[PDB]
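Reviewing the structure listed below.
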Amino acid sequence: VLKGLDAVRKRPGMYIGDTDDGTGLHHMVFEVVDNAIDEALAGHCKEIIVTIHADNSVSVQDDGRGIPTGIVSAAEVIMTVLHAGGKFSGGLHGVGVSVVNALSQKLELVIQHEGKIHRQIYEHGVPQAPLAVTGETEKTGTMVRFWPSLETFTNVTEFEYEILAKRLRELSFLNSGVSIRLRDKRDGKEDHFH
Ligand SMILES: CO[C@@H]1[C@@H](OC(N)=O)[C@@H](O)[C@H](Oc2ccc3c(O)c(NC(=O)c4ccc(O)c(CC=C(C)C)c4)c(=O)oc3c2C)OC1(C)C
């Protein structure tokens, strides 16, 4: 529900981890990647691309199946409901992307599959309009890009390349075969963990 989100916004730290030391802020990046890494362990994703935007926004693009689009879409459901369809200083593990959505001033969702492109925009967890096809494609994959809420995150508010590179590096190693790339639009630094 709408309340479901209210609860998250009310006590973010309980779900995401500490909101003042940079922990929660970077964990917002990790949950999304973990979702992509799961699509890879499933056998459908081969490459993951993680980009830091100079507007202090982070995007994660994958070439997996694309969250099912058909009918509210199931994708909308994954983005707005707590442990959708199931059950559950670092906050929660596998908290779900709905929690990253709720704690985001803005989140943009882009999905490709079945020859189409679908997009939807949310604000503080709320869809600003329905999910719609915007064009045609031959590729498949999910792209999530979000802008953390400044009413939730204090003190350490800007993403830091070093923190992500250490973890993405660990993730590729522990998940042999998965290719993850990291790019810093702020300075042109890029990394490829294989
Ligand atoms: C964040 O969404 C994640 C996905 O994340 C990424 N990055 O792909 C991924 O981690 C995993 O993705 C799944 C997990 C299960 C199915 C899955 O069972 C599919 N097969 C279907 O036949 C199907 C077709 C229509 C439909 O409404 C549903 C149920 C919807 C679900 C499970 C989200 C499933 C499918 O097409 O894609 C799937 C996908 C893409 O689970 C989600 C949806 C929570």
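The numbers used for chain A are those of the PDB entry, and the residues that appear cover 12-82, 88-104, 112-217, in sequence. Counting starts at 1 for both ligands and their atoms, in listed order. Atom set for the values below is all heavy atoms of this structure, side chains included, hydrogens, waters and symmetry mates excluded.
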*What drug shows up at ligand 1?*
novobiocin
*asked:* Any idea which macromolecule novobiocin contacts most in this entry, and what the PDB entry calls it?
replied: gyrase
*Nearest option to atom 27 (O) of novobiocin, as decided by whichever heavy atom of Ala53, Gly117, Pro79 sits closest*: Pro79
*Under 4.0 Å to a heavy atom of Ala47 - the qualifying atoms of novobiocin, by number*: 7 (N)
*Using a strict 4.0 Å cut-off to heavy atoms of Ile78, name the atoms of novobiocin that fall inside it.*
1 (C), 2 (O)
_Out of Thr165, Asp73, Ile134, who is nearest to atom 7 (N) of novobiocin when you count heavy atoms only?_
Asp73
*State if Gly75 counts as touching novobiocin under the rule of any non-hydrogen atom under 4.0 Å.*
no
*Which organism, per the PDB entry, is the source of chain A?*
Escherichia coli
*Measure the distances from the heavy atoms of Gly77 to every atom of novobiocin and state whether one is below 4.0 angstrom.*
yes
_Under 4.0 Å from a heavy atom of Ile94: which atoms of novobiocin are those, numbered in the order shown and with their elements?_
2 (O), 33 (C), 44 (C)
_novobiocin: binding-site residues, heavy-atom cut-off 4.0 Å_ = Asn46, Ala47, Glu50, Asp73, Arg76, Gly77, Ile78, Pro79, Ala90, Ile94, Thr165
